[PDB]
Amino acid sequence: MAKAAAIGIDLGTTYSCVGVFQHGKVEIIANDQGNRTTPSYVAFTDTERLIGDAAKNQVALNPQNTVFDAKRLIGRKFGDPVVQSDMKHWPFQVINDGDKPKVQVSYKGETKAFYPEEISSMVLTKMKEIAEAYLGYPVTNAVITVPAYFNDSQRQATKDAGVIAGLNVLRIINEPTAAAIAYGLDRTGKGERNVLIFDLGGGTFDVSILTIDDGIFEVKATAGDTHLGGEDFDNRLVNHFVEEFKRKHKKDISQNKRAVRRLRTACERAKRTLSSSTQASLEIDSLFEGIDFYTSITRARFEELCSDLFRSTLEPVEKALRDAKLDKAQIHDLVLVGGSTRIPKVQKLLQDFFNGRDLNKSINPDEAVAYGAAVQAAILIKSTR
Ligand SMILES: Nc1ncnc2c1nc(Cl)n2[C@@H]1O[C@H](CO)[C@@H](O)[C@H]1O
């Protein structure tokens, strides 16, 4: 029953996803709001602790006590230059507890501090409860994914987050390996198969090159930009609309925190529409000083606004190929991961760079990692019996 069942969890920097392999198919499980991915956010309020969508939805009202980006801290020392650099950009407090970072918040009127693995365990507990509500019984066996560049300390702290969350961690697997499993790229028989995984998420960009030799995975190269993702494209749309509002009304809105956040969420929505329509409409009632902001933008203008950022995704692709010592024609498969890879210009740039090659994109890119993790979790729990 429950003992023979296992889930696959993609514990992402900005979003998390849970899947289950049963009756010959993967089911990506929707949360209680009907969403197939859940924000990796934890909010501490005057009455309760919120996780996911509810935590993300009140971030503007409670920024000091809404934790996100815990994956940037997990398994790291406080003194680590990555931690010191990131801390300057977060609205929540990060404290030092014996060279270990803790996030410090106000919860039910009291000061509380949490280890990054405790924050990640709350996200994991939510994913576990989403699976349990779908299945009708508690599932405790799980495969949890991590970036291919995570070291032993980051992998151990992720497994610790799983234990705190009440999960039996069957295995910690690499995100690009889970994505290659999702597409069945490890079941092509004999001979070395070179796979490039292009992973463009909400806040990070990762390029991974794997060799699959008779079912055995080997990471040949990892490249990317830890501070490039979908939110930089939302911000480019924000700056455009702030300049358009100034041209139409002779009013600078950039200082009104509420106006900027409402414009930001509308821009994120319009950006998603631009992946399947050649135009998107913004409809903001009373954006600033009672002025409605009803406008539109073409996919062509959006592509111009992010042009330099889209083109920058090809430098880590070239870098990964040189580190792996492979030419473009030596790569057998190209896999898309992350919601941002739905952007047609991004697909066109990658396809042209690989001389007109087909891309593996039939599995929802923001779900491919949980999909593969779910497949692996089913194989592993069957072998355990
Ligand atoms: N249809 C889409 N077109 C463009 N961007 C998208 C799309 N879907 C998602 Cl999710 N994202 C973005 O992916 C990230 C999460 O993986 C977020 O930045 C989200 O906006």
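Residue numbers start at 1 and run along the sequence shown. Indexing begins at 1, ligand by ligand and atom by atom, following the structure's order. The basis for the numbers below is simple: all heavy atoms, side chains too, and nothing from hydrogens, waters or symmetry mates.
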Hey, what drug is sitting at ligand 1? 8-chloroadenosine
Which chain is the chief contact partner of 8-chloroadenosine (ligand 1) here, under the naming of the PDB entry? Heat shock 70 kDa protein 1A
Which residues lie close to 8-chloroadenosine (ligand 1), i.e. with a heavy atom under 4.0 Å? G202, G230, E268, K271, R272, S275, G339, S340, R342, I343, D366
Do 8-chloroadenosine (ligand 1) and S340 have nitrogen or oxygen atoms that lie under 3.5 Å from each other? yes
Considering only the protein, which heavy-atom contact is closest to atom 8 (N) of 8-chloroadenosine (ligand 1), and what is its distance? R342 NH1, 3.1 Å
Which protein heavy atom lies closest to atom 17 (C) of 8-chloroadenosine (ligand 1), and at what distance to 0.1 Å? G202 CA, 4.0 Å
Tell me which protein heavy atom sits closest to atom 7 (C) of 8-chloroadenosine (ligand 1), plus the residue, atom name and distance to 0.1 Å. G339 O, 3.5 Å
Contacting atoms of 8-chloroadenosine (ligand 1), where contact means under 4.0 angstrom from a heavy atom of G230: 18 (O)
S275 heavy atoms, cut-off 4.0 Å: which 8-chloroadenosine (ligand 1) atoms fall inside? 1 (N), 2 (C), 3 (N), 4 (C)
Can you list the atoms of 8-chloroadenosine (ligand 1) that are under 4.0 Å from a heavy atom of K271? 5 (N), 18 (O), 19 (C), 20 (O)
Using a heavy-atom cut-off of 4.0 Å, which residues UniProt lists as binding ATP in chain A are that close to 8-chloroadenosine (ligand 1)? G202, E268, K271, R272, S275, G339, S340, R342
Among protein heavy atoms, which sits nearest to atom 19 (C) of 8-chloroadenosine (ligand 1), and what does the distance come to when rounded to 0.1 Å? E268 OE2, 3.5 Å
Species of chain A according to the entry: Homo sapiens
